[PDB]
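The next PDB entry has ciclosporin among its components.
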Amino acid sequence: XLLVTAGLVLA
Amino acid sequence: XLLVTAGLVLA
Amino acid sequence: XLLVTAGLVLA
Amino acid sequence: XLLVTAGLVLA
Amino acid sequence: XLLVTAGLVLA
Amino acid sequence: XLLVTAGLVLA
Amino acid sequence: XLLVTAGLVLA
Amino acid sequence: XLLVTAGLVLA
Amino acid sequence: XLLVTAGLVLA
Amino acid sequence: XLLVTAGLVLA
Amino acid sequence: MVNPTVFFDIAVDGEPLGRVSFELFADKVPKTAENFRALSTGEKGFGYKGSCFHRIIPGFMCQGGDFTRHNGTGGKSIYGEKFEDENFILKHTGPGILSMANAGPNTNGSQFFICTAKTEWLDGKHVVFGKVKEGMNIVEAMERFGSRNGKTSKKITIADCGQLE
Amino acid sequence: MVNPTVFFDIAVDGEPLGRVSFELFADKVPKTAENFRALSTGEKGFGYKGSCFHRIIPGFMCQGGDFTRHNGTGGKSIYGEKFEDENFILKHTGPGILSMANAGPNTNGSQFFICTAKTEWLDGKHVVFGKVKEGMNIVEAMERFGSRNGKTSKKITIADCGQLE
Amino acid sequence: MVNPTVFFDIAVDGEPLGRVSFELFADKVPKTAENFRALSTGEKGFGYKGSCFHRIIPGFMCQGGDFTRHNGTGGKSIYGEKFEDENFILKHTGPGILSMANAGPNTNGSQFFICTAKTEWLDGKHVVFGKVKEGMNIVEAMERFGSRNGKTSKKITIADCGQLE
Amino acid sequence: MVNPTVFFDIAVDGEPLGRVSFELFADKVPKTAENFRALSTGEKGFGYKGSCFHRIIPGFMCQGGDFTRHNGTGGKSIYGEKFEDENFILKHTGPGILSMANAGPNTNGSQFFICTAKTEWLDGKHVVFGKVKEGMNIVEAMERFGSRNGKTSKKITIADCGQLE
Amino acid sequence: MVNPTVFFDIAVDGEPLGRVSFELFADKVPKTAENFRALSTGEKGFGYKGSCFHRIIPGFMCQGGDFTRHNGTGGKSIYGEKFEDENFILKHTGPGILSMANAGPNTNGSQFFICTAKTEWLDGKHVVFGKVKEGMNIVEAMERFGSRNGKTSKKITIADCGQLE
Amino acid sequence: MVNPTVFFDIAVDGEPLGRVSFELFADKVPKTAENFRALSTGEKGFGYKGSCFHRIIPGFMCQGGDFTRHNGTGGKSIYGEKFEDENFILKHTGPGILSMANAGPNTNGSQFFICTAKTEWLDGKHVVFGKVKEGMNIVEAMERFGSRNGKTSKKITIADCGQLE
Amino acid sequence: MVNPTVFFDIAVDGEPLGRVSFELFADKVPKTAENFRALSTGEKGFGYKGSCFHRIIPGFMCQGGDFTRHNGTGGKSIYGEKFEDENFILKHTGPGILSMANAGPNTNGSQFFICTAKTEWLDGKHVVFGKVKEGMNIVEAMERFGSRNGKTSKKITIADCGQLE
Amino acid sequence: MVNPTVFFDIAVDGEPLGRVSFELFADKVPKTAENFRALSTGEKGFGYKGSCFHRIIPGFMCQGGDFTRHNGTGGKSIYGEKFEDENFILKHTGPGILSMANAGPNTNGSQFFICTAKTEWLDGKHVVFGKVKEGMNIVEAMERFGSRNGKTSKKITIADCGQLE
Amino acid sequence: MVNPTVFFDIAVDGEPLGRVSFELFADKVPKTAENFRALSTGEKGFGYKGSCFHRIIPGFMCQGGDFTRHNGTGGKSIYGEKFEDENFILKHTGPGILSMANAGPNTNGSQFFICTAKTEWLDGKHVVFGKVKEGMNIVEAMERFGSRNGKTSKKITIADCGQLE
Amino acid sequence: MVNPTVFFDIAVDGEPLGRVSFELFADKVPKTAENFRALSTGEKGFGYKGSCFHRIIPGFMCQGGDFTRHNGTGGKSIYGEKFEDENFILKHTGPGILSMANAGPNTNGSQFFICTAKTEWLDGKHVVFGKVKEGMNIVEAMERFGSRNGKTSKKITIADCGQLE
């Protein structure tokens, strides 16, 4: 999808 | 510290 | 009081 | 069912 | 009723 | 997996 | 009842 | 304070 | 009282 | 930071 | 979706009094409107035709829909003995409002009330699902047979009922 | 103090059947005990004397305490129309347990039930306040006048009641 | 509905001071209003007639209704020793607002207070149920017999009270 | 109480194999027990007779009860389309355990499963309500006609069913 | 952002009828939009092409997306068997609204519905993620092949589908 | 911690009766322990010296510590008007337990009560902080000057009080 | 209520600077208003007379009221060591707002702060109870003797303080 | 104070592209602002200077701030390894919004993102702390070196950064 | 249900070191055991054959299962990108325990850890799903290539893997 | 794992008093133990070496670790200004227990306390992370320089500290 994470980028 | 993460390994 | 119950009509 | 109510007896 | 479920269609 | 559902069987 | 309050003593 | 209780009047 | 704080020591 | 505490002043 | 409309033909000790008709807000609470519609047509084998208003309180509401016990202890829905509070989108805004009676959360059956004032103390605890279209005068007339405690001085009857559109 | 004991002299169509006596657990639920004790002695000017058991389900329990409408919709506590669930410390451990009937949380009035079995599923939703001391055999004989849906086939009454000590 | 109206005839150490009347908001809090209405007519056997106002703080409120102990530890309601907070729909909007005193959540009895200012810090911990309609000047006069700690210099009395419409 | 006992007479592609019987834990979950019992006798006019086990998984469970759609999407309870999770007192302790299938919380219908293994991961999310008394050897025979995905190689049917006790 | 646009080419019993196109609200629910988009292009190797609308109810909605079981029990998302309710920002405001079918909270797959009426009672329990751009007349034609229970009188198929923009 | 110990010299009307000592459970509720310890020694300028027990109920407890109004509406702690419920580690286990009176959550002041029975229904709602060590006999002598509703037939008094160790 | 007003006479090292007055919002937070009102008049034996501002941060606020330890670890209220957060009706809206310092939920003592900017990130975590009326100019003069980390370059002092009306 | 402004001089494979400057909303989120300001000036001895934008998704945002591992797994705040979400007062209103990257609640480190669109779905889960003041056209040119999955096709660096006022 | 057993044949810079085998507790967490089994056989097209242990910390655990990125940022489950914490029935009891790595609640993918001590600080936040059967010595040998920060001095490889029973 | 062991060499106004050693429970609270271990070696640049014990209450505890302000307002952790309560697995079981001081939830820094008795009222508000192993007599000696309010009569110093195993 469209997230902004630090480490596990998800969809 | 002693964690077991996937991405943001913390202390 | 003014309730509209089915069984235990209360005050 | 087997309840013990006062007003609306249910199954 | 009018629901939109996937498997157990209810009323 | 091993569930017992009614409609949307999951893994 | 048997309560131990300080002001509104109740049943 | 400015309360309106019935028993323990508080500040 | 007997607390162990770091700043506001309370009773 | 900008906090207004009484004892543990924080960032 | 056009909202359905049901009718009650009311009778006082069997003496025809008049027709009350109701818009059912199926566009807000479809499950709750449908219960009442079907009870009103009798299409599922049972329903409101022949039942009475067992509790009528002037200035508040008329309560009916107890077709199995005729005293507030009975009735059933088309979904079974009881069903859940569908939602509380609609509020008790004034006279004519059709809302569900219950014995607490998620105990809806067949009992309902037709308000005769604004009853806002009930918002949130009774699913509003309809409103009087024609016949408010016929309800104000029924209202006159109740009393502060709700007992009725005459047998207020739904001699007939069904769906207009 | 000890825990108080009350008696019910039971009658079947006015013919005396026997006595049932109860320990009331005033050391766990003093408020709920006291309500029942007080209504048993009649000392507030109303209570159980003359009242009937309106719902008896063999294998499950005997329900009574409705001294105002004798059908499950009635009765009242010495505290007002209703009082709060006091606590749920005691469980429905088996036959003879005496526990409050209600219509949901915090609706204790005057109705109670006497268990003729372990009724575990009621734990946490009915305040348990006593247990049969002598006369379980009388509660067992009362059972025989019940039915699956609860209707009694003879009139089962508390011809007298009060406190033994 | 058409809201009821009660009157208090106030008296100062025996001398008629004047009449205050109140609208009761039975359209928002019908059970709270009904308690106060009933206590004002005496119609259940007990009530405010002859009770004093034990706690009057100038620029805040006049507190009354303790018709059992006359000091704040007493009074009871038409529903039992206490009833529940019906709802907090109405706010402490200014002088004249009539609201319930309590000793925390769900402890409404008979004690009440007439506001002599806006008391918003009390919104959502005291059920507002009415407003002074006529006689605000009499309530202004009662204030002056108050003090900062609430002790009154003269005995402020409801010599008489009842309903008007 | 004495816990009821029901029986199923199991056929494989129309050929009678034998009898499975079950104890129903009416003393822990009476409403759930009663539903299965009555669907098993047929006494409401609908029920398990003629229905099939549509999903069998070796080492896990046999699932049936779907008497309206024969595929997992159907069934109804005696109380309406669905009913609530009565309680979770009983756990999935081993083979023979009888528990309700659902589609999440509070969606009990007619569908159920007969465990062929301890299934602890379902505790707290399926209401357990009975256990095989006799005929576990029949359930094991049934289990062989399932597969990893639950499709069955022969039509496993409840040719007849009812109450023994 | 520029919201993607997908198209479906709808057939009735194998006969092409026309094109429906949809805006996907990638700017409110990007993960939900992306799932539909990719299932529509076929780019993961599975998707809507060839699938049917299995449940059509006049005045309510057309439901499809079930590309693995063709009956409501199937489908999968590009993210796995199911995914979470992204958010409930967008409401069911009227005809043309595209929303996810589910089996309760957090069970989004591939199934969706195209509203043919405002369906407010679903707000907060179906993630709305798009709207018909063009071809609403095609959806209305589709709607006529449904019925009260949703069974369709002709096989309504997505012969081809994809991204325009 | 040596757990502290205090003493009360109790006096009926003016006459010495005897000495009651208590262990204060400073190792479980140090803060509550300390309030009472200091109110006993009188060491902050105010305290328990010459206060009365204003509410004594046989078979239940003796209530006192109200040193400012002598009727239960008063008292204050060494920390101020009220303090928080410290914890509820300790239960009301039988005769002699010392515990705080209060007016609901977090309103501990100076008022306390000495139990004459296991008062388990107060567990969690009253902080328990000490147990009578010597002089239980004197407490039981005090019991006898009380009534059902608490009022005492002679003025029961703490003539002197302080700390032994 | 006339909302009260207090004054501070501020002194750099020993030299008069000027007078700061505040409205105390007794009509929103009467209790917090009163603590500060009394600590200003000094009328309980202790208070703000001759205390310093121990933490001043330009573009943020000036913190003082610690009359027992002069470094933020001290102070106490007229109600005791701490009091509860009264309410958070009022927001930190711009320069001049007076609000309580604290050490987390419900630990208000005597410490306070005068804002020199809208401090909206403190909303909900600090009770706001007054606004500088006259002398904002003096406050800004005080600002200048402070640093990034709060320490003041000259001893800022409330030489005198009391109540105007 | 005013809100501080920081600058980034952006380079593409070491060739200068331009400057982006930011307002940091220290009047809403002073702690989160300060972290970014401090890391921008380098004044704690580590920070953004020389770091790269490791993930750029055209139409969505540019992500950077990982100065310890330059791949999304790294960086650190001036407060320690991580700090708490300060508040969610500001929303992702449109292009240019600067907001914290994280790995769930309370995991703010050093990573941030610059929005190239309204990203509403992130409201409430990423602390918004600033917005682009000048140089949006430079952020738009940086976009072109991104891709759907975020990989950059040239090395995009903060060749210099610091504070303008 | 007999619990499945998988094997890893471990290699150090390609030099065979030895076999570790694992019981998977499918009787407690069937979904989590199955993920790992299938990854270990490679039957779904992808899996652990050829992957490395990227983080090994002597005295704590060995972390592996990142087969898409080989550094802690990657891996996927057989149910998609992530799946939920199945349950926390099992605890981290000692060396040999197989539990899931994650990036917080419900983020399970393919990463796991083999404990080398009791790690009870992790109970509740990592789903334990298996335990070393044979080869604990081979894990104690792998352990020697880690370091306090987890970086490995050699490439620890799963040269082969699959299911024994 | 094998838990670490640190030593403090205590000093009284400069004179060696003796050595206390401590087990750190890295097997229950590995991050809390690691903070204290690191601060004891000084290995991150700062630590306990030369810090005093500012608050010693006999029969309760010795509090130290404020190596920045030496009065309770200071100290910091190896993880930043503060870290979170790791867990409350361990209880304050008796003398020798080493635990964290704080200023409420999630405010662990460097300040700690060595218990000189059982402190159970602190269970579940302070993270227990170690126990005195040898040197309890030295801690007994430090007590005597304490007081009821905590001021020490002589300066109690960690002259030296580090790790042993």
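Chain identifiers are assigned alphabetically (A, B, ...) following the order of the sequence lines, protein sequences preceding nucleic acid strands; residue numbering begins at 1 within each chain. The header says X-ray crystallography, 2.4 Å. Non-standard residues appear under their parent amino acid or as X, and any extra atoms they carry are left out of the contact counts.
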Discussion item. I need every copy of ciclosporin for my figure - which ligands or chains are they?
Written reply: chains A, B, C, D, E, F, G, H, I and J
Discussion item. Could you tell me which macromolecule makes the most contacts with ciclosporin (chain C) here? Its name in UniProt would be great.
Written reply: Peptidyl-prolyl cis-trans isomerase A, N-terminally processed
Discussion item. Any idea which other chains come under 4.5 Å from ciclosporin (chain C), counting heavy atoms?
Written reply: D, K, L, M
Worksheet item: What molecule name appears for chain D in the entry?
Response: cyclosporin A
Discussion item. I'm curious, which organism is chain K from according to the PDB?
Written reply: Homo sapiens
Discussion item. Working on this structure - any idea which UniProt domain of chain K most of the contacts with ciclosporin (chain C) come from?
Written reply: PPIase cyclophilin-type
Worksheet item: Taking heavy atoms under 4.5 Å, what residues and nucleotides bind ciclosporin (chain C)?
Response: D:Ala6, D:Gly7, D:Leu8, K:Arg55, K:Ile57, K:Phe60, K:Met61, K:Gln63, K:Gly72, K:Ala101, K:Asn102, K:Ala103, K:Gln111, K:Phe113, K:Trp121, K:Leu122, K:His126, L:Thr73, L:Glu81, L:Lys82, L:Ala103, L:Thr107, M:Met1, M:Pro30, M:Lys31, M:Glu34, M:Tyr79
Discussion item. Any idea which residues of ciclosporin (chain C) come closer than 4.5 Å to chain K, going by heavy atoms?
Written reply: C:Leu2, C:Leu3, C:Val4, C:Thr5, C:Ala6, C:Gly7, C:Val9
Once you leave out hydrogens and angles, what donor-acceptor pairs under 3.5 Å do chain C (ciclosporin) and chain K share?
from   : atom 1 : to       : atom 2 : distance (Å)
C:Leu2 : O      : K:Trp121 : NE1    : 2.8
C:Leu3 : O      : K:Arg55  : NH1    : 3.1
C:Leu3 : O      : K:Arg55  : NH2    : 2.8
C:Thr5 : O      : K:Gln63  : NE2    : 3.0
C:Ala6 : N      : K:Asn102 : O      : 2.9
C:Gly7 : N      : K:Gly72  : O      : 3.1

